[PDB]
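Cationic trypsin, liganded with cimetidine.
For this chain, numbers begin at 1 and follow the sequence in order. How was it done? The header gives X-ray crystallography, 2.1 Å. One-based numbering, in listed order, for ligands and for the atoms of each.
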Amino acid sequence: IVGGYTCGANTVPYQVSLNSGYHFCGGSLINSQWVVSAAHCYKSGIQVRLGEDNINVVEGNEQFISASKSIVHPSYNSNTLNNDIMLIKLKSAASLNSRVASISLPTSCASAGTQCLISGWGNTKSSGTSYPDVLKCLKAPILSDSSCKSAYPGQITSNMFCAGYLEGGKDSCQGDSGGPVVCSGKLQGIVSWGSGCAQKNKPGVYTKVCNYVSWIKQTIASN
Ligand SMILES: CN/C(=N/C#N)NCCSCc1nc[nH]c1C
Ligand SMILES: [Ca+2]
Ligand SMILES: [Cl-]
């Protein structure tokens, strides 16, 4: 997260770190046994880390649970990033509490202007590189479809929305991938892609989760 603030330990209790020897992607807990992330975060050997603030220090609220099953969206295209969504089933149910909690799926799609909370352990600099160890937060509005398409001509599908600031300075970045965009207690987005981070007229591009709710519920019900 560039131009954000320190969330505060366990204030984003649905935020997960995906770990393969190191944090490499975020995710969102949507029930005791399932995480939503980006398809582009897919790899084997995933350990899901919940109750995390400092990902380099055991602080006392962590649950470390291995993935049993990953499911990349059937229609994921790694070239266009269309349908950038993946489900991870945990080997055991997470123990749910104030610091480890599922986030609600949307019943309706969110609209441009809706303020959202974007979070992750990604890079904090526009130019150069510094990884925070504690979770960073950004309040960002959803941008209009027309702005998003003007910013990235030829690239924005019906499964994508822009959120952030066309003036730049405030964005998601490298390592925030797969992480949540929450708007009024609902998971409306997944950190998917962008052009650099926090550049003028190059806002963050998010997976539009409301399009995927029936696939998510169907998949959970049979897996
Ligand atoms: C992560 N999504 C973003 N939000 C915004 N801006 N940032 C876009 C670039 S981040 C770095 C990168 N680019 C390709 N692969 C990787 C890991
Ligand atoms: Ca920790
Ligand atoms: Cl529009």
### Query
Which entities in the file belong to cimetidine, all copies counted?
ligand 1
### Query
Which residues of the other chains approach cimetidine (ligand 1) to under 4.0 Å (heavy-atom distance)?
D171, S172, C173, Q174, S177, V191, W193, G194, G196, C197, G204
### Query
What protein heavy atom is closest to atom 4 (N) of cimetidine (ligand 1), reported as residue, atom name and distance in Å?
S172 OG, 2.8 Å
### Query
Nearest UniProt active-site residue in chain A to cimetidine (ligand 1), and its heavy-atom distance to 1 Å?
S177, 4 Å
### Message
Would you happen to know the UniProt domain of chain A where most contacts with cimetidine (ligand 1) sit?
### Response
Peptidase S1
### Task
Could you check atom 12 (C) of cimetidine (ligand 1) against the protein and tell me its nearest heavy-atom contact, residue, atom and distance included?
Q174 CG, 4.5 Å
### Query
Which residues of the UniProt substrate-binding set in chain A does cimetidine (ligand 1) share, counting a residue if one of its heavy atoms lies under 4.0 Å from it?
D171, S172, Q174, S177
### Task
Report the overlap between the UniProt Ca(2+)-binding residues of chain A and the residues with a heavy atom under 4.0 Å from cimetidine (ligand 1).
none
### Closest protein heavy atom to atom 1 (C) of cimetidine (ligand 1), given as residue, atom name and distance to 0.1 Å
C173 O, 3.4 Å
### Task
Look at atom 7 (N) of cimetidine (ligand 1) and say which protein heavy atom is nearest, naming residue and atom and giving the distance to 0.1 Å.
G196 O, 3.5 Å
